[PDB]
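Drug halofuginone bound to macromolecule Prolyl-tRNA synthetase (ProRS).
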Amino acid sequence: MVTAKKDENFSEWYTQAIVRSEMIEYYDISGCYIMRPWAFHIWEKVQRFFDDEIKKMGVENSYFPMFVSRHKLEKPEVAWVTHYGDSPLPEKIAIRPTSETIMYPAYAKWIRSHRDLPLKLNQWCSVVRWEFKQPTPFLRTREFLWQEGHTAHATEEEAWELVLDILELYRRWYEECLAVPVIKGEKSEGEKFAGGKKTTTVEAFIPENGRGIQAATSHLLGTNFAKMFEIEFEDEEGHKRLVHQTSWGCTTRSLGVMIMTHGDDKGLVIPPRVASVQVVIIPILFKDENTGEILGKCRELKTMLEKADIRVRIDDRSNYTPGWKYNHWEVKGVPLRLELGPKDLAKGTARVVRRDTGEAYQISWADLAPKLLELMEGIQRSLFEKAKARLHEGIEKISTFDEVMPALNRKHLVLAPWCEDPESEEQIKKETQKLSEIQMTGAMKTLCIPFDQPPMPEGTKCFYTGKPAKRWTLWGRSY
Amino acid sequence: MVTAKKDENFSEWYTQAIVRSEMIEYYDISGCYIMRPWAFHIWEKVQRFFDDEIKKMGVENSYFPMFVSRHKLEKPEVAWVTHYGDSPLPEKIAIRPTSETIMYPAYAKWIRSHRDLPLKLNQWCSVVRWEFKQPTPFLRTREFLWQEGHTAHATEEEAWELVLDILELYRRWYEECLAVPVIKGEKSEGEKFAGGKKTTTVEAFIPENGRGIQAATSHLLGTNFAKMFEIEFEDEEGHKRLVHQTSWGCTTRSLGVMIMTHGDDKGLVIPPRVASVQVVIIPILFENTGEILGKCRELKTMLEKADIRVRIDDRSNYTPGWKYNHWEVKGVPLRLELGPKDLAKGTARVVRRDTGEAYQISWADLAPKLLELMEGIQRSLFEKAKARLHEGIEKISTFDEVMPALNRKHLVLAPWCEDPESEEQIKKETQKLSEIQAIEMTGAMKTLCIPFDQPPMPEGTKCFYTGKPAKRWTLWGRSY
Ligand SMILES: Cc1cc(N2CC[C@@](C#N)(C3(C)CC3)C2=O)cc(C(=O)NCc2cc(F)cc(-c3cnn(C)c3)c2)n1
Ligand SMILES: Cc1cc(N2CC[C@@](C#N)(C3(C)CC3)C2=O)cc(C(=O)NCc2cc(F)cc(-c3cnn(C)c3)c2)n1
Ligand SMILES: O=C(C[C@H]1NCCC[C@@H]1O)Cn1cnc2cc(Br)c(Cl)cc2c1=O
Ligand SMILES: O=C(C[C@H]1NCCC[C@@H]1O)Cn1cnc2cc(Br)c(Cl)cc2c1=O
Ligand SMILES: [Br-]
Ligand SMILES: [Br-]
Ligand SMILES: [Ca+2]
Ligand SMILES: [Ca+2]
Ligand SMILES: [Cl-]
Ligand SMILES: [Cl-]
Ligand SMILES: [Cl-]
């Protein structure tokens, strides 16, 4: 069970939560962890939703090799294979950190005419970024699972609308499945993906350590990579034009984020929409009191709730006390826990405890399926809405730079008018980092320029340079 | 179009077929190939089938790192990571070729009491087996996708029952989804997984080189790994015992097999159950308004409501007949032709890809009859294959009848004594008999499997080689 406290020592709390809930297991190679079934259930669920939604868009899944030649890569932190067994490769090959240098030549080969567009591929794989720093399970790891999508189109308007559609699917992944609120915005030109035209992004906020984290990203690559890799088509009139590319990505970091958003001092709290066990049925057995009837009814209740597509498990393992089972499913975060013991056998009801709030209900057996649907909807919405309020309580609207340092001290982000000069963002990072040193990184940086822009009074000056401000920008310490 | 002929030039036919089908793209690193959507949808299909069945058996999914210490790996085809950027690494690390050494330490840590058993885990991933031999797409490659399942049980009976259940799921994977017939059997103690106690397998046959190929595998590991890694539990009486483990896998080789099992001189054929598109609607077009396309879209929704997978090929500059050949090569089980004649009679022309038989169907009658055909197709494809299979097996009793059989690209079902010595001697002698034939891919014949279904073994029957008392019948032939 979890001993540490979320608002007192976040780091050890998080470690305990993930470990005690059986989601991860440590490994002798630093930077890689093991994803036990409990976490992978959740992953499977969001992968299913994203997959169905992108298949609805014509995107098709595929698989490109893990390996890229050195020649075709330096056309850093990439991992190099030099030997098989005991013989060295004639050329070292690297392991993929992202798949552009692998797929894009194939794109060059496959695209000749307008009729071959759009071209929309996704792939669900593992990548390797071997930064020699300190990892954070889910959040920052040397190997991780993601999906990545790459499309090429005949026009930039098409590409751009797909960028937006995909980032909307990413908003739904987080807010709608994992109950984590996020912010849609656009990356600064010092933070955007280089040689993309424009990066869009969903951002999240960890209040317990006042930090920003990127959740997913969708790039408008435009035509830079087409020039690079010579991906041309012939339009209707017979002209050779460059294609307009997008790519987009989202990883298991999402599970990390969800743990921090909903976790509490007893452990995990798993939003029902992604819960593999939404309801655990715990038979209360002691002194051979009514065990045959208790199990009879528990299995009947299971078939009842399964008819309503509630995902139900009866914890009838003989070698565990009920109280151990309670703590087990609590630390694990099963949304709803249903207790049936011999005294309920004559009541015709049963006791239901919701994990998020701990409230208890006495519900009839006939009334179980619909009331449990209802509670799960309410848990899902309320997980989300409490999180969304914490998010917006953590953001401060400022006018001048004087307001920054107090705000970061309250573990908050700042929304400020900005002129969007790239060198000013770096001046800002350095200034704030040094001020932080007068007492994990202390520097503050841009997170995104929110799509949702609040009102911009005329003659608003950039909070740092005093120049005329162009857009509100979200800044904060980061992950 | 596919220039090669399937049984005349099998090699060129095979690569011609998988390339012009758009199933693979080649790559600038030997051993690796790009798996394109037309093929990956099939991998998606069988992965869903099998994932659901093992989820029904209580098996859960997980993910383990792709790297091993040399320390843990060594306790010649392994890909070794040495550097990041330009700095060496303290210790080189290896890309997994399988994940026993990655998982069993964790297992040893997670299992302490009978409470914790059985432990059932699976994972979908890829592995690297960097062999310096000539790869073959799908069939033998340097990086390939698979699933490896690893369980641990209290008793050998539970372990064994699980082994056989998984091998039956592999049977269904090939026969029910892939329409590919296979044979369940047991591996000779020479062909079994070392440090395993018994290996079971499903084998497959390729008529055009008479070659046998292992299709899936399911291992009774017993307790050897349990001693290696110290995976132990305490029973209800408090005594400390070793776990009996199983492991089992299957790869994208299953797709190559499928190709080779059903392809014809025209190209691929894909069983309806796993085909990406089940029906291609070909508009007969050359311009376009007059709404043939509208009617196509109507048909498309009518057919999706029966859960059929449909694609309208409305590409502008291609010819109807070019489209016919295109989807012919790809292997779409059913082609729906719509032109102005069909619009004027409310009928459609449907051509099944297996036999080429055509059918005229009114638009109303469309969705049911297609369902009746796909199923027919799915049965037909599997049945023909089955027959070809049984025609490539010769039951023999002497070694003399062996080398005739191999020349016909057949497999032998001979009575054997089962000491591995004899297997080794047969392999060497058959190879050099192949070479003395060749004075005028190797010729070595080995044990494919010891089939589970054993025809009657009369008393006094002598092994077809040693001449000692035969124990069981065994399937031999050349291998992949
Ligand atoms: C899981 C994951 C996820 C992500 N990202 C990046 C953006 C993205 C989003 N949205 C993607 C990829 C989806 C678009 C996402 O999820 C990044 C990393 C990572 O960069 N790992 C390497 C590493 C290892 C390590 F041991 C330590 C560090 C480390 C320590 N201090 N600092 C400053 C770094 C870094 N990892
Ligand atoms: C896709 C796949 C599949 C399989 N197998 C093996 C058994 C199994 C089955 N059933 C599994 C794993 C499921 C249990 C299966 O599918 C083996 C290989 C392979 O051995 N790859 C390396 C390699 C590279 C290479 F360039 C050439 C060769 C090569 C050339 N001649 N010879 C003798 C080898 C080998 N690859
Ligand atoms: O990987 C990207 C861009 C996009 N690729 C598709 C999925 C979503 C993703 O944002 C940016 N990026 C990020 N990290 C990298 C690390 C290394 Br190592 C290399 Cl060489 C290259 C990269 C690199 O290109
Ligand atoms: O891979 C196996 C045994 C089983 N692993 C689990 C999935 C099913 C599979 O049959 C045997 N084997 C086969 N090929 C290997 C290649 C290399 Br390289 C290494 Cl190090 C090890 C091995 C190795 O152990
Ligand atoms: Br990234
Ligand atoms: Br193997
Ligand atoms: Ca849109
Ligand atoms: Ca606060
Ligand atoms: Cl799922
Ligand atoms: Cl009773
Ligand atoms: Cl539900």
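Chain letters run alphabetically, one per sequence line, in listed order. Going by the PDB entry, the residues shown for chain A are 333-407, 417-780, 791-830, listed in order. All chain B residue numbers match the PDB entry; in order, they span 333-407, 417-627, 630-783, 791-830. Indexing begins at 1, ligand by ligand and atom by atom, following the structure's order. Quick note: numbers below take in every heavy atom, side chains included, and nothing from hydrogens, waters or symmetry partners.
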### Task
Identify all ligands or chains assigned to halofuginone.
ligands 3 and 4
### Query
From which other chains does some heavy atom lie less than 4.0 Å from halofuginone (ligand 4)?
B
### Message
Looking at halofuginone (ligand 4), are any other ligands or ions under 4.0 Å away?
### Response
ligand 6 (bromide ion)
### Task
Check the entry and name the source organism of chain B.
Toxoplasma gondii
### Query
At a 4.0 Å heavy-atom threshold, which residues contact halofuginone (ligand 4)?
B:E418, B:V419, B:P438, B:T439, B:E441, B:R470, B:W487, B:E489, B:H491, B:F534, B:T558, B:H560, B:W589, B:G590
